[PDB]
K.L.:
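Got a structure for you, questions after.
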Amino acid sequence: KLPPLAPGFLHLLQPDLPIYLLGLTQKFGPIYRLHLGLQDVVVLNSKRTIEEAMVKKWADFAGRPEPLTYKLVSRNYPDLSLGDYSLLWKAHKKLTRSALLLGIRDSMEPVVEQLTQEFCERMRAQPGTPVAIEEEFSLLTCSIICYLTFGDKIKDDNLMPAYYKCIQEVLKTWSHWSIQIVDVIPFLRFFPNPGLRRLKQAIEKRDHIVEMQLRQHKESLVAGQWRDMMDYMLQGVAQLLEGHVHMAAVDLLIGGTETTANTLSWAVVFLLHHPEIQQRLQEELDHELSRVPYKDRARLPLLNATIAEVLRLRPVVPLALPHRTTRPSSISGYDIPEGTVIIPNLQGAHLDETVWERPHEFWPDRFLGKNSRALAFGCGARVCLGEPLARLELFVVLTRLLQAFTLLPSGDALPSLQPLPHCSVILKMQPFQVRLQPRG
Ligand code: HEM
Ligand SMILES: CC(=O)[C@H]1CC[C@H]2[C@@H]3CCC4=CC(=O)CC[C@]4(C)[C@H]3CC[C@]12C
């Protein structure tokens, strides 16, 4: 007995897809089948069902599907984030996980704190002027992941301009409806598509960039020493090959910029709507205090509760990434065949009233480590690779923003909390501007 099948196609065209999927749980329960595109796919809409699949049945769902764009972005192969579950993939992830956790065990804090301070200095240029803060956070987060992957040469040969441009374009093209439409309806591959040709030209570099940096790290590399994440990964390689390192850097770079930047932007808009919270956060910092290190963190309980709420209420990767069943299994008492694609609806799951009371409301006080955790980063074998670095950025950036600045609306009106309807992969807010006034 398979999970119940909701009628229709293509439910993709629904305005707020994760919220549309949540609405279907009323009639069909937390777990059901439906036609996303032309394909039959099962969707999970509660923490209990997601954790049963990903945490309890670890290996059973761990896999990835392989539609055309997965192949197109890694022709030379082989990707981590889109790679299927295998023994070699596990070794792949283990290694890059070690580069983030041990390779930059030190550095990770100082590099983050140095670049956010440059960001704050850059914001002091023209106080009380309308700022495109989306683009500013994007430059900050991209800089951070670049410096940690590639090292000193980035602003030294002054490479952030070109690297930012490239990284932005790669994700911009891939996540567009053209390109993504070939994945859901395979036969449109033979159709003419401006988008695919734009994507191929955007893969050449990123590949030129990552390869140039790969070879530059290989010369000047000292065995036993590591200045960045690439130095680390190169020395754990040569069945894991340098091609694994290449794609691992790509996954770090693209996975690490727009995700943390949009989460930061979400926190901003939420803060703007709740001057009650911003003030309470300004009062908390001024009592600990000249930076408040990540080591402390617990000394600011409402800030961690606020961060957790933004992650809970606006998870930047709302439908995670698609999972593929590796062997015949079950979720919630229903038979789940091998090869079946699974969508963990993370945004919908966080909106469960049974787990979180008054669920559509922004309420940091709810987390004052108080009961029941969200999963903006997912869970199980496919957990976000960059979570530890992500949570550090959110702490350091917002902690250094709230002291030294007061967030004010750009216009006389408030910027909408409503995320734009046709989102692919990343949950983006409507383009807004902010006013930063010194002393907060
Ligand atoms: C707060 C910001 C972030 C959020 C909410 C987030 C969320 C996620 C989610 C939901 C997944 C997929 C989980 C699944 O498939 O079940 C994921 C995967 C991934 N994220 Fe993130 N992420 C963030 C920041 C980052 C950063 C900073 C990096 C790298 C420096 C990164 C790199 C990755 C990679 C490489 C994967 C794929 C891992 C795999 O397939 O096993 N992310 N992220
Ligand atoms: C979680 C997330 O949004 C990130 C993490 C890894 C990222 C992917 C890494 C591999 C990749 C390479 C490309 O050239 C196109 C975009 C993609 C397909 C990336 C899109 C965004 C992803 C899916």
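Note that chain A is numbered according to the PDB entry, with residues 29-266, 276-326, 333-411, 414-485 shown in order. Computed over heavy atoms, backbone and side chain alike; hydrogens, waters and symmetry mates excluded. First listed ligand is number 1; within each ligand, the first listed atom is number 1.
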K.L.:
Name in UniProt of the chain with the most heavy-atom contacts to ligand 2?
P.N.:
Steroid 21-hydroxylase
K.L.:
Could you check which drug is at ligand 2 for me?
P.N.:
progesterone
K.L.:
Which residues count as the binding site of progesterone (ligand 2) under a heavy-atom cut-off of 4.0 Å?
P.N.:
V101, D107, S109, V198, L199, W202, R234, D288, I291, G292, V360, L364, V470
K.L.:
Are any other ligands or ions shown closer than 4.0 Å to progesterone (ligand 2), and if so, which?
P.N.:
ligand 1 (protoporphyrin IX containing FE)
K.L.:
What is the listed source organism of chain A in the PDB?
P.N.:
Homo sapiens
K.L.:
State which residues of chain A, listed by UniProt as binding progesterone, have a non-hydrogen atom closer than 4.0 Å to progesterone (ligand 2).
P.N.:
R234
